[PDB]
Novice: 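One structure, pasted below without further comment.
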Amino acid sequence: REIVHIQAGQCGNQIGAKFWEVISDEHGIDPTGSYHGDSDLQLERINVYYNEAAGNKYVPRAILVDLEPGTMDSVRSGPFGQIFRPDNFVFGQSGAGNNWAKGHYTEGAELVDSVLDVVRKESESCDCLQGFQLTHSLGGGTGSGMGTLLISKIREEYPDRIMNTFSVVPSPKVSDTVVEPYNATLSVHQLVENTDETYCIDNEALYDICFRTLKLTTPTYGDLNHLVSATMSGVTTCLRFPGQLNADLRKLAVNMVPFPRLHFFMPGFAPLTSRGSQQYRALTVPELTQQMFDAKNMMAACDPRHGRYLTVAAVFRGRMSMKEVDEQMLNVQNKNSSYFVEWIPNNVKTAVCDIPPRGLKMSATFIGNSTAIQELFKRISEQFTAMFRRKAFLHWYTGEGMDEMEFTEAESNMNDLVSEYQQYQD
Amino acid sequence: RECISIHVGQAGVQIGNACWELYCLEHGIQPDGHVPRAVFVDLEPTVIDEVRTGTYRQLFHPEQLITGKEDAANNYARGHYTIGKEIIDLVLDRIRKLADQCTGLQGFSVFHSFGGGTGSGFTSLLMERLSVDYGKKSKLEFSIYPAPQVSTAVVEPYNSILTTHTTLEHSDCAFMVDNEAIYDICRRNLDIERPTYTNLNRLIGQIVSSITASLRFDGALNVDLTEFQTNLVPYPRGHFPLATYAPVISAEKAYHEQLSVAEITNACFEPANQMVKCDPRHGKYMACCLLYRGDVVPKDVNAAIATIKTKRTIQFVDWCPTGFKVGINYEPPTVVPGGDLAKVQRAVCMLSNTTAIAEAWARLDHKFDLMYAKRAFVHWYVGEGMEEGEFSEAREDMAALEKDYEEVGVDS
Ligand SMILES: CC(=O)O[C@H]1C(=O)[C@@]2(C)[C@H]([C@H](OC(=O)c3ccccc3)[C@]3(O)C[C@H](OC(=O)[C@H](O)[C@@H](NC(=O)c4ccccc4)c4ccccc4)C(C)=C1C3(C)C)[C@]1(OC(C)=O)CO[C@@H]1C[C@@H]2O
Ligand SMILES: Nc1nc2c(ncn2[C@@H]2O[C@H](COP(=O)(O)OP(=O)(O)OP(=O)(O)O)[C@@H](O)[C@H]2O)c(=O)[nH]1
Ligand SMILES: Nc1nc2c(ncn2[C@@H]2O[C@H](COP(=O)(O)OP(=O)(O)O)[C@@H](O)[C@H]2O)c(=O)[nH]1
Ligand SMILES: [Mg+2]
Ligand SMILES: [Zn+2]
């Protein structure tokens, strides 16, 4: 099987560097080097993310889409930056304006064809394609607009292969941009209707989880990114490993989406202990479920405790008892019968790889489909209206060839999306 | 004389590798000896690959190892219809190529995992295409039906109410081994909170050895495969008996091993030892096939059973005077060199049809409704060449399986 990553925008891009920083080491691939793999198993399934050309050069099969040179020229001028074949860099030296409209209708719409071109060169690579990984932020141009287009096109070209989306939904407390809800509401819209698996991460849900669950005092972006990339590795790549009970994107999809919206999840990693001290090793297993299922530790902003779950997928990856795994999951399902929805006898989807995260003994990625994420699109949707009402920075959109009915559309859509999700919380 | 076997679904393949292990182990045929007599099907390469990479690597022909690099999908539909279809031909071909090479066979011991994609769906049509190509044989499918509370897949029931209805009108005798109810045995009758799948497999890998292996093997009271279905199914519904083993004692902890027949047979009817969460909560047995192996005196049996026939609290069906098929083999069991199985010199792999499953099916049917009641993951099948028909019409199916297993009992 296979997949083809997609680094839309700067963020989605910045993260690319971290997702590939990791993944590679979790596959023994040095900058341009080959497979130094401490083992021999980190190779029989690599294909999922690379391509064979030389014999020591397995190049990441991702796409780097962005209308701001400097960015990709920071990712390509640093560490692992020199492993991507230049063909991968689909830049847009234009003005990468922070407008969803500027990267979806006017500026991005041009650079698109020169992207799809490659997304096809990579898809028609070899063997059988599974789906595409998509990273980006719903709070900017090259991210929400242009990346949200990249998919609307992808999903017309292969409505068969899957589409996981890793979105950095606009954090609450403080917005790292101003129109944010504009660029956001507009991209979520496109998401709820193309990709079929979305993993929403919040820069501040991370800080928290990174400053209190990792006594880490100076959580640089690199970190946040790093933590995130840690989860997306547990998801995909991982399951493309052996296991007593293994799954793969689809299983994950076909066990997690009760209703076609596409629904968004909230990823959570397992061993998340501070370096030295904490290295408690309390990782027998009840310790991992202890972790994963708590409020804090959910990369999302919202707290599960604020709304039932529809599905859950503990994708563990480290030798354990299909008994102490299958078992724990249960008590968990009974101690919290309250929030776990009922019309699904077994919400949880236990998954079990074998080999764990390179240096760790036992981990377990968590992919939750809780109704709690209602209380986020609400947020976003609110911010919109409060500012849409006055058409705040709307001239930067319309003036870019947009529509007063376009914004209406998205909000509503994504706004209805909130509605539905409640239809199950009850 | 023989009995081919088709291990379908990752699980049916893991269990397969296991049951297949125990085999050579008690036949003195190391890694590289003769030639198996089965096949392996899966729509996820990486798993059958485990049989291609791991142990018992060269004991198979890359011809009896079928794979569909494509996608597994934990959904019946896709595995049965859409994808699973493409492979079937090829699959069949082997069970027609392997079915020819032999000499007057008896049937195909099928190994699948009820609630899976490749295991539920696919087989559904595999057994389907068999019942027509060899209606004149035995179709005993050995299943691992849905843990009563510890299921895995979110949809499981969708996949198991569908493998039951499609296979029902095609199997001869469906053996059942409950994944969870086997754990209990690993906790309560062997002690270990560290049971790897690789163990449950060693277990069924045992109970199964008692079925084919040893039985098709000479003895003081041989029992052919046909024998089963005959002495085991009272009615055409591909009736599903339950597998049970007796000396499930730990090869470390306790040691009373020397547990004469009189004991090991009583240890079969206590509900805490039956590889199935179908505790005889009321289910009246209606036929049991006590397969013994090792040093056993026919009188010991034709007495140990007599004592039972008169315990009454073990209430057998009405319309059934005597429902005890005593199968005696010679060669004692054969435990893994150093797993965790005791290793006695006699065992009792008793299987049976019990009005008990009236439960197990019930509890699994109900599940289904809850979700169907909201269509839950329905769009996943529809979009895979299925319809509101196949679901609703396979629900009605089992409905008359809840009435069937009710009527054939509870009444006189
Ligand atoms: C001596 C020793 O055992 O060190 C550990 C360690 O101290 C701890 C604290 C690690 C450490 O992780 C962090 O401090 C961290 C930093 C930024 C963001 C997130 C986490 C570690 O850096 C991370 C590193 O993780 C791995 O090696 C995994 O394979 C992981 N790899 C990466 O994230 C990675 C990092 C740099 C470069 C390339 C990859 C992984 C996890 C999931 C999927 C794929 C890969 C490990 C076990 C450790 C150190 C090295 C200190 C922990 O994290 C992980 C992801 O394992 C933090 O809590 C866990 C518990 C570990 O015990
Ligand atoms: N006893 C036993 N049960 C197993 C084993 N592997 C899986 N199972 C059980 O069988 C079911 C899992 O089926 P899956 O592995 O998801 O799927 P599959 O049937 O192989 O086919 P796909 O869905 O297409 O992958 C669960 O109920 C597991 O508890 C095994 O090795 N032994
Ligand atoms: N986790 C994370 N968030 C980022 C990174 N870079 C920008 N962001 C977030 O992305 C939003 C800004 O969008 P941006 O990526 O600049 O848009 P674009 O570059 O025009 O497509 C803010 O909410 C930031 O917190 C990053 O490297 N990691
Ligand atoms: Mg499988
Ligand atoms: Zn003794």
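First the proteins, then the strands, lettered A, B, ... as listed; each starts at 1. Per the header of the entry, the method used was electron crystallography, 3.5 Å. Order of appearance sets the numbers: ligands from 1, and atoms from 1 within every ligand.
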Novice: What drug are we dealing with at ligand 1, do you know?
Specialist: Taxol
Novice: Tell me which macromolecule has the most close contacts with Taxol, using the naming in the PDB entry.
Specialist: tubulin beta chain
Novice: Around Taxol, which other chains have a heavy atom under 4.0 Å away?
Specialist: A
Novice: Any idea which residues from other chains are within 4.0 Å of Taxol, non-hydrogen atoms only?
Specialist: A/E21, A/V22, A/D25, A/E26, A/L214, A/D223, A/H226, A/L227, A/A230, A/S233, A/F269, A/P271, A/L272, A/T273, A/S274, A/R275, A/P357, A/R358, A/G359
Novice: From the PDB file, what's the organism behind chain A?
Specialist: Bos taurus
